[PDB]
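Lab note: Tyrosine-protein kinase ABL1, axitinib bound.
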Amino acid sequence: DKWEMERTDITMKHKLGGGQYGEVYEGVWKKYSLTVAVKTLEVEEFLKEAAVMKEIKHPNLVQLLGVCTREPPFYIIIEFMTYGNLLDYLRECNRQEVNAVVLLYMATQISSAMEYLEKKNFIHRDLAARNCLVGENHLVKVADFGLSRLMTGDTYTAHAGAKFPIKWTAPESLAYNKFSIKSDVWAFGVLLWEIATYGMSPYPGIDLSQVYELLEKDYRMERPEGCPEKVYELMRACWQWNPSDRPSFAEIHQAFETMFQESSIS
Ligand SMILES: CNC(=O)c1ccccc1Sc1ccc2c(/C=C/c3ccccn3)n[nH]c2c1
Ligand code: NA
Ligand code: NA
Ligand code: NI
Ligand code: NI
């Protein structure tokens, strides 16, 4: 395995982001003088997460640097994203800096990554602002591929009693445990809303237990202040009850590439 490397190549620092990420550590890869992120350690899931990261490559997907899978503790070496997660980044930013153009740019990058996954027949299953990472100059990458899967059909069935982030999860996924690229499209809609609100929590003040009933009744979050109408329209298409009525990531991406360029012209 070309991805396999010597653990002693890495000097292990403190846990990343005060522990919010689970067991993931800042580390220094000494040879290359490089700060990296190291995921350590059922290991069954852990190892497949690594095999997946070896299959996917894209400028907006967090890149695998290497692994030590041969003996415990197991390492998963991932590129270090200097600004941390998108949620905290949106909350803490200077909005004059991270403005309407930047928000468009973020959606374009993320949708670019999802269009690539869609074309490859993968699903992510954990899309959300907390799972995106931010680099210099508002570079954004999707991370956390632990639940990512290469599909054999058009649908994937989570194991019985698996539990999900209710406010990001598509109705068919909540009810039937069925995931598809369409379910990702739904979650991407929630991510857009997180972006438009600079990291507000979705369905504000609405208790988790009532969310599914509301969706069945075709309640959807309102258009965030300052959110351009075209973007709200996309959100609403993402939240269609029928998965087959949700746009593809190819379409979503094209819509953002268009908006982003027109905004850059101004
Ligand atoms: C087990 N958990 C994950 O794999 C996971 C889940 C959600 C989001 C990310 C990750 S893995 C991860 C975590 C942090 C990073 C970073 C840097 C994090 C950071 C950097 C500055 C300040 C605060 N946090 N670079 N690359 C990373 C990869
Ligand atoms: Na999801
Ligand atoms: Na599962
Ligand atoms: Ni593109
Ligand atoms: Ni494209």
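The chain is numbered in sequence order, starting from 1. Both counts, for ligands and for their atoms, begin at 1 and track the order of listing.
The ligands or chains attributed to axitinib are ligand 1.
Neighbouring residues of axitinib under 4.0 Å (non-hydrogen atoms) are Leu16, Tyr21, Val24, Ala37, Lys39, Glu79, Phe80, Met81, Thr82, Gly84, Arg130, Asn131, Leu133, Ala143, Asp144. Taking any N or O of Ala37, backbone or side chain, none lies under 3.5 Å from an N or O belonging to axitinib. For chain A, the UniProt active-site residue nearest to axitinib, measured heavy atom to heavy atom and given to 1 Å, is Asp126, 6 Å. For axitinib, the polar-atom distance check against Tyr21 finds a nitrogen or oxygen pair separated by under 3.5 Å.
In chain A, most residues contacting axitinib belong to UniProt domain Protein kinase. When only interatomic distances are considered, the shortest N/O to N/O separation between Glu79 and axitinib falls below 3.5 Å. Source organism of chain A, per the entry: Homo sapiens. Looking at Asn131 next to axitinib, no N or O pair under 3.5 Å apart turns up. Residue contact check: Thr82 has heavy atoms under 4.0 Å from atoms 20 (C), 21 (C) of axitinib.
Of the residues that UniProt lists as binding ATP in chain A, those with a heavy atom under 4.0 Å from axitinib are: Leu16, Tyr21, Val24, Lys39, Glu79, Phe80, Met81, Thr82, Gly84.
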Pairwise, report which nitrogen or oxygen atoms of axitinib are under 3.5 angstrom from protein nitrogen or oxygen atoms, and how far apart they are.
from	atom 1	to	atom 2	distance (Å)
axitinib	2 (N)	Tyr21	O	2.9
axitinib	4 (O)	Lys39	NZ	2.7
axitinib	4 (O)	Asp144	OD1	3.4
axitinib	24 (N)	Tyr21	OH	3.3
axitinib	25 (N)	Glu79	O	3.3
axitinib	25 (N)	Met81	N	2.7
axitinib	26 (N)	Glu79	O	2.7

